[PDB]
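Below: the structure, in structure tokens.
Numbering, chain A: per the PDB entry, residues 1-595 in sequence. Computed from heavy atoms alone, side chains included, the values below leave out hydrogens, waters and symmetry copies. Whatever order the structure lists them in is the order used to number ligands and atoms, beginning at 1.
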Amino acid sequence: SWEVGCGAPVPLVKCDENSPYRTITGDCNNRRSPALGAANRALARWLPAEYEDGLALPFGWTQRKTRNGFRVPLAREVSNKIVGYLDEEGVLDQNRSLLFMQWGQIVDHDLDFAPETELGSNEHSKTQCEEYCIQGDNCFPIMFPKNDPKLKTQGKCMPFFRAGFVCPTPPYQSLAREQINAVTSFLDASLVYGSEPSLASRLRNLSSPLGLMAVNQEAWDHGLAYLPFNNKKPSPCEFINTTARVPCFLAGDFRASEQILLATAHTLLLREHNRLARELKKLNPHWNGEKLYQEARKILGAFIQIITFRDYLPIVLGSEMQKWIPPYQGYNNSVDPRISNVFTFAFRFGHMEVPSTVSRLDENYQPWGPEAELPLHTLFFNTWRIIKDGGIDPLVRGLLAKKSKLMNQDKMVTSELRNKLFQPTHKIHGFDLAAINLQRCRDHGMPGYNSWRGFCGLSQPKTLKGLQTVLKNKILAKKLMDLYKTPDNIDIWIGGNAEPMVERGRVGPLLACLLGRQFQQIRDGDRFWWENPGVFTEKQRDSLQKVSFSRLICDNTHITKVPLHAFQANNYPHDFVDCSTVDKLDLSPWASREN
Ligand code: HEM
Ligand SMILES: *[C@@H]1O[C@H](CO)[C@@H](O[C@@H]2O[C@H](CO)[C@@H](O[C@H]3O[C@H](CO)[C@@H](O)[C@H](O)[C@@H]3O)[C@H](O)[C@H]2NC(C)=O)[C@H](O)[C@H]1NC(C)=O
Ligand SMILES: *[C@@H]1O[C@H](CO)[C@@H](O[C@@H]2O[C@H](CO)[C@@H](O[C@H]3O[C@H](CO)[C@@H](O)[C@H](O)[C@@H]3O)[C@H](O)[C@H]2NC(C)=O)[C@H](O)[C@H]1NC(C)=O
Ligand SMILES: *[C@@H]1O[C@H](CO)[C@@H](O[C@@H]2O[C@H](CO)[C@@H](O)[C@H](O)[C@H]2NC(C)=O)[C@H](O)[C@H]1NC(C)=O
Ligand SMILES: *[C@@H]1O[C@H](CO)[C@@H](O[C@@H]2O[C@H](CO)[C@@H](O)[C@H](O)[C@H]2NC(C)=O)[C@H](O)[C@H]1NC(C)=O
Ligand SMILES: CC(=O)Oc1ccccc1C(=O)O
Ligand SMILES: [Ca+2]
């Protein structure tokens, strides 16, 4: 007895059915089932949700009710006893650049987003939750441990609000609570253009027929464009330095300004759209604005898909790549392209790949300025360092020259994120991303670690000795058992990230399975997949294969020296070469004659 009635809270509209361009909402990708993969709908469930009361309450909500007979440990204790570490030396990935971490975040924001719940416009819940830590409704505070240093200095808890769900959003009940995915599931560059008709429009430059995206008018970066500033005050980007008063950037995705390197990436993409746009006009002068926008937009969509599947996943999945994502075989209308709820947690392996600092390099790739190496935490929502401290070129050079942080069982998430994370809504640099993650697993009703091992057809340890063998680490297996009392209770996020990495990969067996299935699906169930005959012509595909992130760089910055394989670790100057030597995207294949 199914129930696929519920739904209304979703911007719907008619379909075109022979239109060459994706919709902004993702609707109409699948002809037989039009809303599949669309934005503002529930994340798919690969396994039933698991809640304390079976419907909506998270485990750890009612301190008396246990999970399989035990209390589930506070997310912060787990963070404190397993995730943290003090010594940053020797933690860098010797063969993965900072861009490896950054691209990952870009693909993830393109694929999923479960925003937190409102009712908080002119609200005291917004305060009944941070001031008094009173658990209730959408307020599910992260309590502090005994002997936590934040006690003495911050309070009794860390505010936290539950994720939005479907049908309603206020006081609801009836079916199992399913979270929302506010963005399109397809890998379509929805982070550049937006996932709603409203925002998509406001991002475009409609005062002219060039099909360009709107750009900043207050500042330019050596003639090159900037994303436009965001309208909305109070702005968090101006709170971190009230004297600079530089607001956050307005982009296709709302998280664009979490960190300076994510804003740099967004800007690089924006710039490529315009470039691509003024170039296409030049070859097809008659084309109107719409045509220029959609056509460029589609090129860029094909760009992200290529870099992701050709250069990124192969070094995440490693030797497991082929076991999950076989050679492409054409569009399969039976494949469900929805992002699963658990994927949004599996893709968080990236948080353990973020180093403690971000550097800026001058033209010889040497420290730019005296205070060239900044601590990550000073850059959450920091837009002023771009506008008033050198533009994006210095940051992009750091992306190519510095390394990512290597995931390590005894050194998982840097303190820059574990103790000094900054939230919009709040006023301090004192949050814990690791604790938030674990708290979010419960909020989302995730099955335990062993449910997912079974799902992926992997052994399921029940004993300490069993876990030691799987983690291949006596001590970690030990800390994990003392806190969870059973491997069945280990949250998927930490459980999955504690496994050793597969050959040539950066994730373990469980994650490779979870990541692998998701990408196989978004590819096979995407009617607009770039390799799908009819989407692009044979001659356009031969052109799209030469796309390189190195090139993207060359055409949108004043960097003339770039690595050929920007994801592996490269040393300047030996592994860098003049832009004049890098393949360029040939657009002549897009020229459409007449008569
Ligand atoms: C600061 C943060 C980052 C780097 C300095 C960072 C980075 C990543 C990478 C590199 C990811 C994948 C390769 C990735 C995935 C996901 N993130 Fe994370 N991220 C930073 C900060 C945050 C915060 C805060 C959140 C929200 C947590 C919450 O539950 O409230 C966050 C989330 C996620 C996320 C879940 C997305 C969703 O579907 O709603 C990823 C898949 N990141 N990040
Ligand atoms: C640092 O990481 C690099 C990438 O993981 C790695 O180099 C890669 O090694 C693989 C070995 O399989 C090779 O991959 C390509 O091999 C041929 C090209 O000759 C292609 O037809 C294949 O499809 C495949 O893409 C490459 O040699 C290289 N891959 C890339 C994309 O450059 C380095 O070995 C790592 N460094 C160390 C010290 O381990
Ligand atoms: C808030 O943003 C301010 C910039 O808008 C920043 O100060 C700026 O940064 C330094 C001061 O440390 C100055 O630049 C340096 O270079 C000039 C070159 O002309 C030299 O004269 C000095 O050595 C100078 O330090 C900027 O001029 C300065 N701008 C202003 C208005 O002060 C603040 O440090 C930021 N505050 C925080 C807390 O981050
Ligand atoms: C929309 O596009 C127009 C045309 O490209 C932009 O107008 C130009 O702006 C730059 C710098 O201000 C200069 O070349 C001229 O002042 C304008 N040229 C023309 C032909 O108008 C305009 O800035 C864009 N609008 C937004 C909001 O980004
Ligand atoms: C299209 O995708 C479907 C759905 O994933 C594939 O279906 C599987 O095919 C086998 C063999 O026919 C069925 O017995 C299974 O029930 C399906 N598995 C699952 C998990 O649904 C199908 O193989 C794909 N077809 C093509 C031509 O690619
Ligand atoms: C980065 C991520 O996914 O987070 C955010 C998005 C929008 C606004 C704030 C944040 C954050 O919590 O730092
Ligand atoms: Ca998308």
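The drug at ligand 6 is acetylsalicylic acid. The chief contact partner of acetylsalicylic acid (ligand 6) in this model is named by UniProt as Lactoperoxidase. Acetylsalicylic acid (ligand 6) has a nitrogen or oxygen under 3.5 angstrom from a nitrogen or oxygen of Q423. Proximity to acetylsalicylic acid (ligand 6) (heavy atom under 4.0 Å) is shown by these UniProt heme b-binding residues of chain A: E258.
Distance from atom 8 (C) of acetylsalicylic acid (ligand 6) to its nearest protein heavy atom, with residue and atom name: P424 CG, 3.3 Å.
When heavy-atom distances are rounded to 1 Å, the UniProt active-site residue of chain A nearest acetylsalicylic acid (ligand 6) turns out to be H109, 3 Å.
Residue-ligand proximity, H109 to acetylsalicylic acid (ligand 6), at heavy-atom distances under 4.0 Å covers atoms 1 (C), 3 (O).
Near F422, with a cut-off below 4.0 Å to any heavy atom, the atoms of acetylsalicylic acid (ligand 6) are 13 (O). For acetylsalicylic acid (ligand 6), the heavy-atom contacts closer than 4.0 Å come from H109, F254, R255, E258, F381, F422, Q423, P424.
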